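Structure follows of halofuginone associated with Uncharacterized protein.
Chain lettering follows the listing: the opening sequence line is A, and each later line takes the next letter. For chain A, we keep the numbers from the PDB entry: what you see runs 47-128, 135-248, 256-348, 352-461, in order. Here chain B follows the PDB entry, giving residues 47-128, 135-248, 256-348, 352-461 in order. All ligand and atom numbering here is 1-based and tracks the order in the structure.
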Number of protein chains: 2
Amino acid sequence: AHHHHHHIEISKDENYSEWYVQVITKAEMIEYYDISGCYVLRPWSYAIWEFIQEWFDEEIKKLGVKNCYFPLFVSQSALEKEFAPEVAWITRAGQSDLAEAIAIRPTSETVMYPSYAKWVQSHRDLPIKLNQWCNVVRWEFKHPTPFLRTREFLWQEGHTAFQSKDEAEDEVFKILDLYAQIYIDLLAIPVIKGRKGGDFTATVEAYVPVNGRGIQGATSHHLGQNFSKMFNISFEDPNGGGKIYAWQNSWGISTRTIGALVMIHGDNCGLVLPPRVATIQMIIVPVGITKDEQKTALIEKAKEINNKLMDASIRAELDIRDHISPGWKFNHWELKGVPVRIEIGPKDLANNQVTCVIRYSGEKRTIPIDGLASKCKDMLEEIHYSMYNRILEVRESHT
Amino acid sequence: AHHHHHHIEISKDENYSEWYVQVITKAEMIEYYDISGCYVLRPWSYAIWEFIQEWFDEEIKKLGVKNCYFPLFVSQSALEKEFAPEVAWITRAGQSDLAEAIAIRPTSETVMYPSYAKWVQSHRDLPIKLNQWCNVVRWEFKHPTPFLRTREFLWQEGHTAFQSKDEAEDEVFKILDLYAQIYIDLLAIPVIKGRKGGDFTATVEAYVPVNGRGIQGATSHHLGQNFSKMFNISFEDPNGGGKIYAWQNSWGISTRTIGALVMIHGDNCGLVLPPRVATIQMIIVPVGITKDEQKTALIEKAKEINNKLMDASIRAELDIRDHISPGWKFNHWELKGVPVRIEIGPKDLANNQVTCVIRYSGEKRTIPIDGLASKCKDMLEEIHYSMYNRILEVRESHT
Ligand SMILES: Nc1ncnc2c1ncn2[C@@H]1O[C@H](COP(=O)(O)OP(=O)(O)NP(=O)(O)O)[C@@H](O)[C@H]1O
Ligand SMILES: Nc1ncnc2c1ncn2[C@@H]1O[C@H](COP(=O)(O)OP(=O)(O)NP(=O)(O)O)[C@@H](O)[C@H]1O
Ligand SMILES: O=C(C[C@H]1NCCC[C@@H]1O)Cn1cnc2cc(Br)c(Cl)cc2c1=O
Ligand SMILES: O=C(C[C@H]1NCCC[C@@H]1O)Cn1cnc2cc(Br)c(Cl)cc2c1=O
Ligand SMILES: [Mg+2]
Ligand SMILES: [Mg+2]
Ligand SMILES: [Mg+2]
Ligand SMILES: [Mg+2]
């Protein structure tokens, strides 16, 4: 099976739910697990989350947010301050039954806010801006789907507290725009910003052409003073007003991002990676291979190109495995969605050129080796915006 | 309490266990949590883990290791292939009792290796080199201690599989040396490499001067073929030998690293941060402050210095809060272990110099502003090696 060619066995436009399973399995993104609704994130899909993590982590740090880590556990009575058929319960640990069951966090408000109440002694302690990258568990009763609705998933959740409503409201929309940027500028997915235990909730919605539905892609909550009154997160007003309750937001985005990417950009040849989150942006494949002197000169030139592409900060890799055919390589990296295949054979070598095959469109482009690296940087940008505009044109048609 | 001065209330050499609690609380490293043996990682301590994570993640990627994410859950019968009084058990989820309890992973061998068995169809599928940054849970029956022995902790665990014993054994010792480098070159802690369900186990041991004990700082396992026979991770030998079982290692380091740092470098003034894992390496504090024209010229020069230190890639920050005294600032950043305080007042300003106060030793150094940034880069190196050599001299004395 591994060293054999592979086909997406059903068309996206015929049965998208079965097509979806084909793509995520044949592109080596997940493994099914014997605990239902949990899925292994294989490196090919986990790398996409790492790119999102690295980007968003840099952006919120510019806003003053610091990372932390709160516990996985919340006691039953602490959870039930302020859904119940979605909680996993620990009732035994070590050698003893617990007198009170412990919940796995489905979200961390009731884990974090007793500490926020302790940390806020005066307005000088505000703002508090904390984020954590972590796993949460929701025993989802709707049917689980890899990435889109899983019972364990990875996310970040940010939890912020301010001395005034206006600071908090301003951050809600900055965060919301950062979430839109993840979809638009990292995943090439157009989104709409909209207002859905808080004062107001805003999401980014990603339209899915094949079924006409919208993916709730991330959530930004303005909690007002609802949680700060619940947990007594308060300070003395400097201007005589007495006890003032902190103004709070929380916000989160998950590995559902990766399911949106599959649903929207996947096609009948398999995954199509948005270039900015592709762990391999360009795969270099030797083609048309006799002569010992020729095979060396050709592989040596491929190594040169590979180094020149990485010098230009392109994530290029070379596939010079000889126990497997070029045609198998084409198919493997197509199924996995590598944005560009660079083919180099004897004919192209003699013309000091390569042949680039663009995955999302199938276009073949012959390019001189001279200014190649710069031409490839441009091409990866071209692909990103073309992927985006193609979905945007589909959405602005149905709407 | 927050805007007041604070003292470590008991000496390290008098009661190190109570001294330890003083330091980790007053340096804002942790919060105690109402589930026993779990502790909040506040930003000041979580940033240390982030530095270790970023460094080690870069090193194992050079060895070909890829990141992934396997589930939190392992079914009872899968765990009990191959300690029991240390497992947290889920017995109810959503609306139903489970027919079989689910364990929180205490480690991920039994979560991962059924997938390894599926992925290894031939020797061409090897090596497999996977790592995950994640949380695990052990209901530790010995008494829990922040960082050193917690019931939830963060770690990485790497799990590798090779076609030959020699490849696997070579990686065991490369990983072990990377763990030694974390202690030696990031935390300024000398370690000894030693050989403790595997074929052999190697650890790095950090000597703790105040009580004479050794911290098991990380673990590198050579599993041989024990787990690959258990899980049938095997391939056909190309040379006629028949079924061959993969040769496996696993290896892990946790947030226990941070407890070693506190135990070994902490002193009676509080935390002392090894410079290479200090989120603030240098804190700039205006001292000796009347004149509106003078206060601006002094804060403006401090901002200049701060920018020049960051241009040199030094993690400098400026503390120009005016609602709190310089003496409070000295004490706050000492308790938190900032490697160097840079004091600038009117007298130094007129001599175009600053006064640096080195935290681990108390030494005060007057330095011209001219070549300051380069002098500070050197100083942070000097501090790292001096911290290391001071502990090494203590260990080579007791031994
Ligand atoms: N089970 C899940 N699996 C994966 N991602 C999820 C899951 N539930 C929520 N998310 C994502 O996490 C984000 C923040 O969480 P949250 O606001 O609590 O979601 P939610 O209101 O429960 N959404 P939903 O269940 O789809 O109606 C959401 O915007 C989703 O994109
Ligand atoms: N409860 C814990 N809290 C924090 N770190 C831990 C804990 N248990 C183990 N570690 C660390 O994780 C590393 C890898 O885990 P592992 O090899 O399974 O530890 P171990 O054999 O159970 N050690 P120990 O319990 O101290 O005898 C160890 O080398 C420790 O440094
Ligand atoms: O999880 C939330 C609110 C916000 N938390 C921080 C990240 C962004 C997120 O939108 C809403 N929510 C969603 N699902 C839940 C499921 C359960 Br089970 C519980 Cl107890 C609670 C909740 C619950 O509070
Ligand atoms: O966890 C290990 C072996 C290795 N796993 C990968 C990271 C490095 C680590 O040394 C040993 N170990 C330690 N403690 C355990 C506690 C329980 Br509970 C269980 Cl079931 C199993 C174990 C168990 O297997
Ligand atoms: Mg208060
Ligand atoms: Mg939900
Ligand atoms: Mg096999
Ligand atoms: Mg143990």
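Counting every copy, the structure places halofuginone at ligands 3 and 4.
Under a 4.0 Å heavy-atom cut-off, the other chains found next to halofuginone (ligand 4) are B. Within 4.0 Å of halofuginone (ligand 4), judged by non-hydrogen atoms, the site holds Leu125(B), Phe135(B), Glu138(B), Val139(B), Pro158(B), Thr159(B), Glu161(B), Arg190(B), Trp207(B), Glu209(B), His211(B), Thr278(B), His280(B), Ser309(B), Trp310(B), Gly311(B). Here is the list of halofuginone (ligand 4) atoms found below 4.0 Å of a heavy atom in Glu161(B): 3 (C), 4 (C), 5 (N), 6 (C). The distance criterion of under 3.5 Å between nitrogen or oxygen atoms is not met by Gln208(B) with respect to halofuginone (ligand 4). Of the polar atoms of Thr159(B), at least one N or O is found under 3.5 Å from an N or O of halofuginone (ligand 4), judged by distance alone. The N/O atoms of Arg190(B), backbone and side chain alike, include one that comes under 3.5 Å of an N/O atom in halofuginone (ligand 4). Looking at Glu138(B) next to halofuginone (ligand 4), no N or O pair under 3.5 Å apart turns up.
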